[PDB]
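This file shows Tubulin beta chain complexed with Taxol.
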Amino acid sequence: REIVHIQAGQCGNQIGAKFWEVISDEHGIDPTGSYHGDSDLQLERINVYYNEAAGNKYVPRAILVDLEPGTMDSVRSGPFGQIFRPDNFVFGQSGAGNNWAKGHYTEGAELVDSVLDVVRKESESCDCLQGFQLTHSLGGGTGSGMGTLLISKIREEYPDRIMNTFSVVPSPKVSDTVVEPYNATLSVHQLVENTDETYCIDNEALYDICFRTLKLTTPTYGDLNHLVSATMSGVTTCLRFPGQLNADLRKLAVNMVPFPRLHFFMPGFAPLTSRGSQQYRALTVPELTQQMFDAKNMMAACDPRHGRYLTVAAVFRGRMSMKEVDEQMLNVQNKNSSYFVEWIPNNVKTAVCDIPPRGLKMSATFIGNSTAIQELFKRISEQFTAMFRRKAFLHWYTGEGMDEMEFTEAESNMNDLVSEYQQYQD
Amino acid sequence: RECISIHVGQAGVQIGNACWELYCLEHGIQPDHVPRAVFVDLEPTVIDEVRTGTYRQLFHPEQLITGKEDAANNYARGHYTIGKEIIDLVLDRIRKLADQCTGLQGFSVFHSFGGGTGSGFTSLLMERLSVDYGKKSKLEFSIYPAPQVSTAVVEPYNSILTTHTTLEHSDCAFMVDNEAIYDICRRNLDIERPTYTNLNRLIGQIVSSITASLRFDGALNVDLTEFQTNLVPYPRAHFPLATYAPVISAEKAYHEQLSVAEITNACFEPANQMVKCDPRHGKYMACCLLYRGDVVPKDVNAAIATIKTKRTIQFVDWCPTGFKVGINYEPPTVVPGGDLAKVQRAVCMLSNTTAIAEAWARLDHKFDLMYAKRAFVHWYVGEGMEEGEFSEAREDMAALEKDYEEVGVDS
Amino acid sequence: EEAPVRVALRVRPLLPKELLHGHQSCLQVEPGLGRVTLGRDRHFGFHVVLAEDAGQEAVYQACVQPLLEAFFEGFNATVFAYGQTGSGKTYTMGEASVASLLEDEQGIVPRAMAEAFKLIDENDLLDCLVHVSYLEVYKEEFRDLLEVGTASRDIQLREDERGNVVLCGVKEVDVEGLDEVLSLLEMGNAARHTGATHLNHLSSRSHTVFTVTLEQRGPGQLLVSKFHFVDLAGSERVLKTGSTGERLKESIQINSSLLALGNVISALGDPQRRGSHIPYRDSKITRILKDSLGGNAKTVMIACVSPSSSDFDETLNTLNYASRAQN
Ligand SMILES: CC(=O)O[C@H]1C(=O)[C@@]2(C)[C@H]([C@H](OC(=O)c3ccccc3)[C@]3(O)C[C@H](OC(=O)[C@H](O)[C@@H](NC(=O)c4ccccc4)c4ccccc4)C(C)=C1C3(C)C)[C@]1(OC(C)=O)CO[C@@H]1C[C@@H]2O
Ligand SMILES: Nc1nc2c(ncn2[C@@H]2O[C@H](COP(=O)(O)OP(=O)(O)OP(=O)(O)O)[C@@H](O)[C@H]2O)c(=O)[nH]1
Ligand SMILES: Nc1nc2c(ncn2[C@@H]2O[C@H](COP(=O)(O)OP(=O)(O)O)[C@@H](O)[C@H]2O)c(=O)[nH]1
Ligand SMILES: Nc1ncnc2c1ncn2[C@@H]1O[C@H](COP(=O)(O)OP(=O)(O)O)[C@@H](O)[C@H]1O
Ligand SMILES: [Mg+2]
Ligand SMILES: [Mg+2]
């Protein structure tokens, strides 16, 4: 089973960079070098995220897309800047303007067909394709406009596979681009009709974890991308190793969403410790069962306690007992059982791998869907319609082919997407 | 003929892994005859477990079947298109095994409901076997859904659609659940790490009490075909409950002044029978036993007497006696990595009760709650289903529970 | 300005080829009592019940004549053709019907444009302009039927700040006569008879969209009325399970669109659910009926039911659908 990876945007570029720099270390891959796992267990399923060419090189089957050559030139000169086949770099020399419509109408359309050529080269390059990994951000037409333009051509091209969306939704109180939030509405207008799975990521929860719970003072972005890389690495290839009870992307797709409105997801990585001090003899699923289900250790900007739960998708890994999996899950089904909505009896999905990570003895990964994302996209809707009105620095978008009706239909689509969760909270 | 068997589902494949380890130890099967069964799964990884280290060298590998497509844990997708590409090769391999055997006995089927993958493939597999080899023995064991210890989100819908194919394609059926096996591993095994690798040993222990050294070299046989019309009252394919009693440790449980009658009476104690079908109101219609080890049959026709004279575990009114006594000479066998007892006599049991409809209510109301809001329907529409099959499955369970209402306790 | 739902029921008379196989009847239409005897026990009431002796002018005077006043008073108007394939949906709409030669045998479409110009010249004080638009919906996509071809990936939907459904990429013709209307609908049907000029692979399984629209302006009160001619797909359901590999997506289209529309009308079924979220966003034909379903609009439901016993359970499913939605 085979999956490829998409990188759009500078933030998506950094996310993908640290992701490959983690996941190649899990299989034991020297950058120029080869497999070096001391067991054969790291080798048995490497056809997922790699392709053999010469017994030494193992090329990551990935996509390199930006509207600026300097960011990917910084990537290719960095730590693992030799592991990519450089033809996979795809970029125009044009402006990386922050308009969604710049990346979706004109200055993305200059670069769509090359990306389509690369994904048609790499889809049927090898055996049966499984899914697609979209890492991008909403804070740039690189990720917002050209990202949704890519996957909107993909789902008309490939109606079969799974569209993993890794989005960076701008946090409301820490909004580091003042001219941003139109791009969020335009992005989410054409996410909800194309993908199936979106693990929305919010930066302020990462600052909350690494800066409050972890006592590491400096919030260097390498640590943030390191945490997001650990989060996504506790999803896919963890379920593509030997496991006691293993799943795939499609099982979580059938488990989590009620409806085919595809009902966005909240990721979470369980073991978070201060660097050396937090050795504490509290190491089990149980401590991790409690660590996943708090207001922190949740990458949503919204508070996940404030609202119901739809589906707990827990991913466990390490040598462990299933009775003290299901017993802890019954405790979660009984304590918070008020906002754990009752008419779906099992709200839990269990994913068990055999292997630990490289250094840690046991770890877990949480994937969530609550009604609390209503009180994140309502806040984004409020920040949209607040400074939609005065229009005085809105006329950047009009001359790029964007019309007046598109914004309002995007508003209504995102707003009744909020309204269905306004319904199902009760 | 050793009931050439099938296995499907990661539960089914691993439970056959431990069961098959018990098989290849209990006869002194060296790693140098032939494995007399097949392993089929829609994921290659669970099969490549055994195809990597232990028992890869044992097996001729040219006869196990994998599917390179998706896992597809939903009854619609598992029954339909994504499992269509595998069924024919499986049929040709099992007909090769039907040709190489001579005077076979039947089919023991190991799968589960917990996920659509080992359910719909299982369903049309049993359907095609009823077309091909319907004048044979069809025994099926599936792992029953949990009432509240459940794992899959989509846990009901698979089993609800699976209640049709278990009706008109097998006759005897076993549905043992995880929950009270965890209760066994806490209470009577006396460990606090229950992993599936021991539950698989327990089901392998109960099937090794059914079949293997009984049929293979030895002379005191008790027939499978003398079960399938000695365990149903009436030929609606009812659902007996099997229970392996001496689950005590060979480490701490040195109650070594032990006889047959203790575990014999412990075959009828409520909180030990691996399902939530205690005789609170369920009554007994047939309680065929199998003993292995040492038998003074005075213990048999004294334990039967002292159960008969309780008037608390009341039998069926119309069924006068329903017993059949299996006596085998050979003891069970303990795997060195295992945990079982190594006791010179041992008793498994099996019996059909009334209160299976209680677990059916536990599954049925659970189905109807999420059915009421039209919960997950778009996946099953996306692999070609309809509302009418849900309606037929609902009324199928209704007909089954009415049948258990009349022909059971009511006279 | 918000009105409840009006319902019209019409039986067609029996066609010969559905009788030549030796079929019989299963209905007993009670026009005064307002229901029918389906088989023996099924007695399903409605608003307007007509037997198998009805013309297009009878349904026109019964329902469209109250619709025309509201359309000439600034209210939205929508009629839609539901029923079995062969039960007479194309006859019920009768977009500029021709082959059915007799004057009582063409449908509402020439009749509304025949009665428009009697009041257009009388309403010459207010600004009155009438423009038309004829479209097709199939495979969860669109088709400009006033065009020989335009890519459905290039045509998308919109929505305005007032809160109504807006279209783009659609040809508009300010009409001044019935000749232009029936010419463009001759061409519309002549360029999509089997389905957008292509080999009929159940072209009646698609949806087709037509819309008449009148504006109102003098001190300049902008209240624009629409007179929709919606023409739906068939009421039947195809099991289809293995037909051509994985290409049962046509069944996915109609089954998803009508389960979505069924959840919409069943959300109007229980009055507890009519304060809930109405899932228009599952299908395009549901989004085009968003402002059409209630609000300031005007709604007449017509489900072409079958007379014979050969269509017994399918007409039962149709009557169940109308009893859940017929309102
Ligand atoms: C022997 C050992 O485990 O020491 C750890 C360690 O003590 C802790 C502090 C590590 C340490 O990580 C962090 O503090 C951290 C910093 C920024 C963002 C996220 C985490 C560690 O950096 C992390 C790292 O742990 C790993 O090696 C995991 O396999 C990790 N892989 C990488 O971090 C990695 C390193 C080099 C290149 C590429 C990747 C992993 C685990 C799960 C999923 C993905 C990756 C190492 C050795 C340690 C330190 C350095 C202290 C912890 O994090 C992870 C992901 O393992 C935080 O708590 C976990 C486990 C430990 O408590
Ligand atoms: N007792 C026992 N139960 C198991 C074991 N493995 C899994 N189960 C349970 O049985 C159910 C069936 O396992 P699955 O892995 O879903 O088998 P499947 O339905 O064919 O689906 P796949 O994942 O594709 O194999 C699971 O939901 C588990 O809850 C096991 O080893 N022992
Ligand atoms: N956590 C994290 N967020 C980032 C990083 N770089 C950028 N972002 C966020 O991503 C948003 C958009 O970045 P992006 O669109 O990729 O940059 P662009 O491609 O040049 O437009 C910005 O608002 C940043 O807040 C990073 O290294 N780490
Ligand atoms: N009530 C009716 N009165 C007279 N003719 C009818 C009636 N209903 C259907 N027909 C005839 O049946 C023919 C085919 O019906 P059609 O409208 O194509 O069915 P549908 O559009 O529902 O598939 C039409 O040419 C029409 O003349
Ligand atoms: Mg399995
Ligand atoms: Mg027709």
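Chain letters run A, B, ... following the sequence lines, proteins first and then strands; every chain starts at 1. We count ligands from 1, going down the list as the structure has it; atoms in each ligand are counted the same way. Because only heavy atoms are used, hydrogens play no part in the values below, and waters and symmetry mates are left out as well, while side chains stay in. According to its header, the structure was obtained by electron microscopy, 4.2 Å.
Mapped onto the model, all copies of Taxol cover ligand 1. Other chains with any heavy atom closer than 4.0 Å to Taxol: A. The PDB entry names the source organism for chain A as Sus scrofa.
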